[PDB]
Amino acid sequence: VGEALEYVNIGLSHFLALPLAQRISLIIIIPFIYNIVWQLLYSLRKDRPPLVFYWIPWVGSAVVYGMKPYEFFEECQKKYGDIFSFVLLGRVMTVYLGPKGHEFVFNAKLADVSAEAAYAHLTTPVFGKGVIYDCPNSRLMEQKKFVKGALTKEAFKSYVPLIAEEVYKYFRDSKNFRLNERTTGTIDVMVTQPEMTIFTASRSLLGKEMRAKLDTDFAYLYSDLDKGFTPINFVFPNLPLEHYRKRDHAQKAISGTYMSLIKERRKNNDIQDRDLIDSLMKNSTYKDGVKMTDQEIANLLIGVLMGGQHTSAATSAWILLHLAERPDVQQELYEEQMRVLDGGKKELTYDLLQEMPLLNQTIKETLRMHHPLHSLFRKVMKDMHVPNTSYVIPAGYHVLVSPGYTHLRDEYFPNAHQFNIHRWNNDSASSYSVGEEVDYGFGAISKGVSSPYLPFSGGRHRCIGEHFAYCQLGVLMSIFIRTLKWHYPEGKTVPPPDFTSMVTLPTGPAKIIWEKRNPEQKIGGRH
Ligand SMILES: CC[C@@H](C)n1ncn(-c2ccc(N3CCN(c4ccc(OC[C@H]5CO[C@](Cn6cncn6)(c6ccc(Cl)cc6Cl)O5)cc4)CC3)cc2)c1=O
Ligand code: HEM
């Protein structure tokens, strides 16, 4: 022990007498070996889920997870069961697959897990400060409450003809259609659907002013900001590059535009019940008296529009793509449209949308096969014991839940990779609380979150956009169906998802060929 500790000090010193060709090369090799040693040691633990073995420190299973998460989850499930962890770019993600995982994560106590600590870097740089994940959970709960106030049956009743008008205007004016001058055409659905989504959501949620603005070069800011909404933000939220400056600039310029409208309306007391802007002007005071600022209101609007943008656009693209090889479904949907709208002699209303179950089943089935968000996260805040196991998930870990994975299991949905809207006969609702309920601040929602079908999650972070989504997707598809037939270019089929984008959007270029059902029909109005 005497000469031992001396040779420790000697050894520390001889280390520095190494050529750096050796010293840098061991600066790499040492973490690599400890990593493997720590993993081998880790596997001993009884109070830890199996950890997926990986070679590269820090990076972890990022590549295979990133490129094909559901295949990754399937392989891990086979070897280890439903609970397992894996390292991902410096973090430890504990996956819990299936309905019990949904319960473990979505109904976890506010104290145990944090969504804002998982998500804030993704969103705060894009939306702005003070809202959504840049604030405490109870602020979020009430912001969801505020937004829900513009998402009522009466609002949907007034949105439908606005959304309809936008779809027709797009058919009339967009270079991708121009139905008054073309009877057939080819389109990339990842060009047309993001455009139709932003036009329809602008007009209805933001109002005529902000929609009007999309016909100016102001539209280039949306693109700039949109490009800033990327999973890279999870790792690099701010880097001194043109991309990040374009984004930052856009967030300032767009929120400034919203603030201009807001202050303009208040100045004239032109505060009605037209749109989400009016709504948040009348109704954005928290339960402790603090009022949202005009800046926070605008940042909230950006997030809502942005979130709704990507989930919905990706979804209507997938609907288009699945219907492109299924002329039978198109036909079936067309007949439902003729019946409900009396051969087209009835105008589409919100109430009539509700009497189109096949259409709604089509949305529902698309969301089963193409959950836009394949992985939902929470950062673990307090150590968590996994019920009926010896597993304890320690603070500093992340829990990862994936209803999108369960959506694609045959055990829960027979023939899960087949598109079949009739699996939802007797069950065309977007979702519905199968039993008892609970209120976190934005309204009574289902207490249990064990449904195998769960595109809108559940618990305190449950989506509040599902009825707006169905309204938007519904009006849009109703008009697509009554106006066009479409199919694939010869030899093409449904693309595989891109699991590396923000949403599980189709892999490009995803093209379909459209043709007018009534070549002679004209869309009125000015252009
Ligand atoms: C680097 C190597 C490469 C191979 N690699 N290695 C890993 N990956 C990778 C891993 C994971 C992912 N992602 C995909 C995106 N994903 C994700 C995206 C958004 C998201 O949103 C959850 C919250 C926050 O945003 C919204 C989204 N939303 C919900 N409804 C509508 N939008 C949200 C909620 C509320 C509001 Cl107001 C706005 C928004 Cl945006 O909900 C959650 C997860 C995480 C995993 C991507 C790439 C790679 O690409
Ligand atoms: C196809 C359409 C959509 C799907 C599948 C979807 C899905 C989801 C999911 C899964 C979550 C929870 C994520 C988690 O648990 O971590 C969520 C949250 C949320 N979504 Fe959506 N969404 C959709 C459309 C919309 C729309 C149109 C809006 C706004 C109009 C919207 C606004 C929100 C909001 C405000 C939250 C709450 C965030 C939180 O509480 O943390 N979503 N959505």
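Positions are given from 1 along the sequence. Quick note: numbers below take in every heavy atom, side chains included, and nothing from hydrogens, waters or symmetry partners. Ligands are counted one by one from 1 in listed order, and the atoms in each one are counted from 1 as well.
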A.B. asks: At ligand 1, which drug is present?
C.D. replies: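 Found there: itraconazole.
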A.B. asks: Quick one: what's itraconazole (ligand 1) bound to in this structure? I mean the chain with the most contacts, named like the PDB entry names it.
C.D. replies: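 Per the PDB entry, the chief partner is Lanosterol 14-alpha demethylase.
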A.B. asks: Against heavy atoms of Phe229, which atoms of itraconazole (ligand 1) measure under 4.0 Å?
C.D. replies: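 This gives 40 (Cl) as the contact atoms.
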A.B. asks: Hey, looking at atom 9 (C) of itraconazole (ligand 1), which of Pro455, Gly66, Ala469 has the closest heavy atom?
C.D. replies: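 Considering heavy atoms of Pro455, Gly66, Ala469, the nearest to atom 9 (C) of itraconazole (ligand 1) sits in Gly66.
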A.B. asks: Answer with side chain, backbone, both or neither: which part of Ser375 has a heavy atom less than 4.0 angstrom from an atom of itraconazole (ligand 1)?
C.D. replies: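 Within the 4.0 Å criterion, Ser375 contacts itraconazole (ligand 1) through backbone atoms alone.
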A.B. asks: Would you say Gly307 has any N or O atom under 3.5 Å from an N or O of itraconazole (ligand 1), going by distance alone?
C.D. replies: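 Among all N and O atoms of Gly307, at least one is under 3.5 Å from an N or O of itraconazole (ligand 1).
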A.B. asks: Heavy-atom distances under 4.0 Å are what count here, so tell me which part of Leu89 touches itraconazole (ligand 1): side chain, backbone, both or neither.
C.D. replies: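 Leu89 to itraconazole (ligand 1): no contact under 4.0 Å from either part.
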A.B. asks: Does the protein put any heavy atom within less than 4.0 Å of atom 22 (C) of itraconazole (ligand 1)?
C.D. replies: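 At least one protein heavy atom is under 4.0 Å away.
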A.B. asks: Using protein heavy atoms only, decide if any is under 4.0 Å from atom 43 (C) of itraconazole (ligand 1).
C.D. replies: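 Given the 4.0 Å limit, the answer for atom 43 (C) of itraconazole (ligand 1) is yes, a protein heavy atom qualifies.
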A.B. asks: Might you check, step by step, whether the distance between atom 31 (C) of itraconazole (ligand 1) and some protein heavy atom is under 4.0 Å?
C.D. replies: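 It does; a protein heavy atom is within 4.0 Å.
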A.B. asks: For itraconazole (ligand 1), is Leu122 a contact, meaning one of its heavy atoms is under 4.0 Å away?
C.D. replies: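 Flag set, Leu122 near itraconazole (ligand 1).
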A.B. asks: Quick test of your reading of the structure: of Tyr133, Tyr65, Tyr119, whose heavy atom lies closest to atom 33 (C) of itraconazole (ligand 1)?
C.D. replies: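 It is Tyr133 whose heavy atom sits nearest to atom 33 (C) of itraconazole (ligand 1).
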A.B. asks: Nearest heavy atom to atom 6 (N) of itraconazole (ligand 1): which of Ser312, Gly60, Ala62, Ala120 does it belong to?
C.D. replies: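 Comparing heavy atoms across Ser312, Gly60, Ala62, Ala120, the nearest one to atom 6 (N) of itraconazole (ligand 1) lies in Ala62.
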A.B. asks: Name the organism the PDB gives as the source of chain A.
C.D. replies: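 Going by the PDB entry, Saccharomyces cerevisiae (strain YJM789).
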A.B. asks: Give the contacting part of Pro69 toward itraconazole (ligand 1): side chain, backbone, both or neither, where contact means a heavy-atom distance below 4.0 Å.
C.D. replies: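 It is neither; nothing of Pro69 touches itraconazole (ligand 1).
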A.B. asks: I'm curious which residues sit within 4.0 Å of itraconazole (ligand 1), going by heavy atoms - can you tell me?
C.D. replies: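 With non-hydrogen atoms counted, the site is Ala62, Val63, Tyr65, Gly66, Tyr119, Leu122, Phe127, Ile132, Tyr133, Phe229, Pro231, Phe234, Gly303, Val304, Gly307, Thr311, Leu373, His374, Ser375, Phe377, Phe499, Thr500, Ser501, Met502.
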